[PDB]
Amino acid sequence: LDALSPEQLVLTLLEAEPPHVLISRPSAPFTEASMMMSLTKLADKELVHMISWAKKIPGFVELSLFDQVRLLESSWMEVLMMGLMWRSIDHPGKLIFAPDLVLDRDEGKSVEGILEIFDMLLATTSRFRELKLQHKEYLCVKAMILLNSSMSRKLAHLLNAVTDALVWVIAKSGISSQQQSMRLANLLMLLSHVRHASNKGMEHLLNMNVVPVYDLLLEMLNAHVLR
Amino acid sequence: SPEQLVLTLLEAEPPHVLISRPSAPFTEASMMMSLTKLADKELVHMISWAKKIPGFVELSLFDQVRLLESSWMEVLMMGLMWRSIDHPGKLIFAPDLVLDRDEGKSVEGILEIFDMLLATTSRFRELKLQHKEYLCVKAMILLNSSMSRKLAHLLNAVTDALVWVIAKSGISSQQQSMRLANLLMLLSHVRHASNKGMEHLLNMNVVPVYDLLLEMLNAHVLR
Ligand SMILES: CC/C(=C(\c1ccc(O)cc1)c1ccc(OCCN(C)C)cc1)c1ccccc1
Ligand SMILES: CC/C(=C(\c1ccc(O)cc1)c1ccc(OCCN(C)C)cc1)c1ccccc1
Ligand SMILES: CC/C(=C(\c1ccc(O)cc1)c1ccc(OCCN(C)C)cc1)c1ccccc1
Ligand SMILES: CC/C(=C(\c1ccc(O)cc1)c1ccc(OCCN(C)C)cc1)c1ccccc1
């Protein structure tokens with residue numbers, strides 16, 4: 001119960017942060033291939049990392065394996081983009097994928113189409129920047145993205161605890177009540193923009209085949225044999 | 001003010017659009033023909049609705065268009081979820097056009113889209129979403145679809161109005177905070193459904209103007 005209390009949860013997420021991933025640009029001037037290559041290599045590394053991070057969130061380990069895989073599968077692009085926005089929050093106009101990989105808007109034009117994605121990331125980052133998004137609020141929101149990715153007893157509980165944690169953090173700020181409700185709303189409403197950039201990103205990534213298993217999974221869940 | 005805004009959103013509600021099913025057993029075509037007929041009629045009314053929203057008509061004609069342009073599919077799906085809320089397992093497109101999850105199989109693909117809607121509606125049903133709450137959430141979907149002075153002002157006012165609505169409930173503060181988070185967290189699912197629907201709708205050619213639109217804004221000549 002307590003390991004899931006505002007200060008406890010905040011503490012655990014504070015130290016669950018994945019390790020920073022390093023990567024440096026290539027020799028020649030960026031092309032569409034080299035560009036994506038770097039970002040893919042980079043995205044894959046952080047993903048292996050995103051697993052051990054999820055495992056450290058109070059109780060994630062007790063959710064069925066199917067649900068673990070489900071949430072991570074449904075929310076991984078949003079989690080990446082939020083990690084990316086967060087670390088690019090104090091450097092307006094630039095996306096800090098990694099220390100030696102600090103690309104500004106224009107360089108994205110190396111990979112046809114990513115431009116609109118870069119602007120979405122850049123514009124959402126700005127919103128968090130005006131809000132003066134704090135590291136503690138950030139940690140709660142990232143985890144919330146993980147648990148709010150799809151839609152039980154445990155799941156919802158785990159999610160509401162992360163929610164209670166964020167109210168708590170915003171609460172130790174001193175601002176009145178009406179401004180605590182406002183910040184909560186503003187912060188959460190940016191979740192639509194994150195999800196949206198994720199969908200846009202997925203679509204673009206996909207552009208650059210398996211057997212449909214949607215019905216079968218329902219059948220399986222319905223029969224109750226899924227994991 | 002909160003009470004004012006609510007009252008104004010209430011009476012700003014679009015009329016209910018009446019449409020009926022066709023003769024023969026729904027075909028992928030006929031099915032999508034009925035939904036498209038319905039949506040366009042609703043979209044027509046949507047403009048009028050957005051115009052009644054306090055302050056909207058003051059935003060440059062460009063922002064108005066941009067907002068409606070980017071949020072219309074969510075607004076629609078939000079309206080659909082609201083009227084299907086008391087009909088589990090069903091999507092109430094109109095009084096005469098109600099479809100079960102299974103009938104959606106008339107149009108190849110929309111099934112996953114129908115499950116997204118029914119499940120979100122399911123979530124709102126479990127939160128016992130209230131009419132006034134719904135009113136605020138809708139305008140909120142319209143006003144938060146894109147990313148100024150008046151804009152944010154307008155958006156924070158509806159947001160104030162929502163907190164206010166949740167406040168006359170009487171639940172403790174911790175619970176009021178909880179409900180605001182749970183409702184707004186549900187926006188991400190609404191936006192997600194919308195993106196999925198757009199992808200599918202699109203599946204069933206113009207010149208890229210994105211870069212040109214930026215320049216035009218940079219040069220400050222856009223509307
Ligand atoms: C938004 C930049 C980005 C990726 C990214 C975002 C944040 C971050 O911290 C690191 C990378 C990106 C690039 C590739 C990618 O594919 C990996 C394939 N794996 C899952 C096998 C995922 C995200 C991207 C997504 C779609 C198209 C083009 C670029
Ligand atoms: C590429 C998406 C994905 C998984 C996936 C890929 C294809 C598919 O058909 C279904 C899922 C994924 C998600 C979770 C996972 O967990 C292993 C079990 N627990 C103990 C971590 C493995 C792959 C994932 C990988 C790393 C981080 C976040 C998400
Ligand atoms: C969710 C069902 C739906 C539509 C809908 C939602 C709510 C509502 O109240 C009425 C209809 C839908 C159908 C067609 C559509 O395109 C119309 C073309 N216009 C833009 C000229 C938009 C939404 C739909 C969306 C994508 C693919 C197939 C069906
Ligand atoms: C189809 C999307 C759209 C508009 C649109 C289409 C293509 C494009 O390149 C840009 C926009 C749209 C939105 C608003 C609008 O309003 C007119 C200005 N005042 C009277 C509000 C006209 C078209 C729309 C129309 C009705 C309801 C909701 C959305």
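Proteins come first, then strands; the chains are lettered A, B, ... in the order of their sequence lines, and each starts at number 1. Header lists the method as X-ray crystallography, 2.2 Å. What you see below is based on every heavy atom in this structure, not just the backbone, and it leaves out hydrogens, waters and symmetry mates. Order of listing sets the numbers, starting from 1, for every ligand and every atom in it.
Here the macromolecule bound to ligand 4 with the most contacts is known in UniProt as Estrogen receptor beta. The drug at ligand 4 is 4-hydroxytamoxifen. The letters of other chains with a heavy atom under 4.0 Å from 4-hydroxytamoxifen (ligand 4) are B. The binding site of 4-hydroxytamoxifen (ligand 4), defined by non-hydrogen atoms within 4.0 Å, is formed by B:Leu43, B:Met46, B:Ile47, B:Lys51, B:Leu61, B:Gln64, B:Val65, B:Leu68, B:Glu69, B:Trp72. Contact atoms of 4-hydroxytamoxifen (ligand 4) toward B:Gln64: 19 (N), 21 (C) (distance under 4.0 Å to a heavy atom of the residue).
Most residues of chain B touching 4-hydroxytamoxifen (ligand 4) map to the UniProt domain NR LBD. For atom 14 (C) of 4-hydroxytamoxifen (ligand 4), the protein comes within 4.0 Å by at least one heavy atom. At the top of the distance list for atom 20 (C) of 4-hydroxytamoxifen (ligand 4), counting protein heavy atoms only, stands B:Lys51 CE, 3.5 Å.
Counting atoms of 4-hydroxytamoxifen (ligand 4) from 1 in the listed order, those under 4.0 Å from a heavy atom of B:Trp72 are 2 (C), 28 (C), 29 (C). The organism reported in the entry as the source of chain B is Homo sapiens.
What sits closest to atom 17 (C) of 4-hydroxytamoxifen (ligand 4) on the protein, heavy atoms only, is B:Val65 CG2, 4.1 Å. For atom 16 (O) of 4-hydroxytamoxifen (ligand 4), the nearest non-hydrogen atom of the protein is B:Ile47 CD1, 3.7 Å. Atom numbering of 4-hydroxytamoxifen (ligand 4) starts at 1 in the shown order; those under 4.0 Å from a heavy atom of B:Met46 are 28 (C). Inside a 4.0 Å radius of atom 11 (C) of 4-hydroxytamoxifen (ligand 4) there is at least one protein heavy atom. Remark: minimum distance from atom 9 (O) of 4-hydroxytamoxifen (ligand 4) to any protein heavy atom is reached at B:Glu69 CG, 5.0 Å. In terms of protein heavy-atom proximity, atom 26 (C) of 4-hydroxytamoxifen (ligand 4) is nearest to B:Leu43 O, 3.5 Å.
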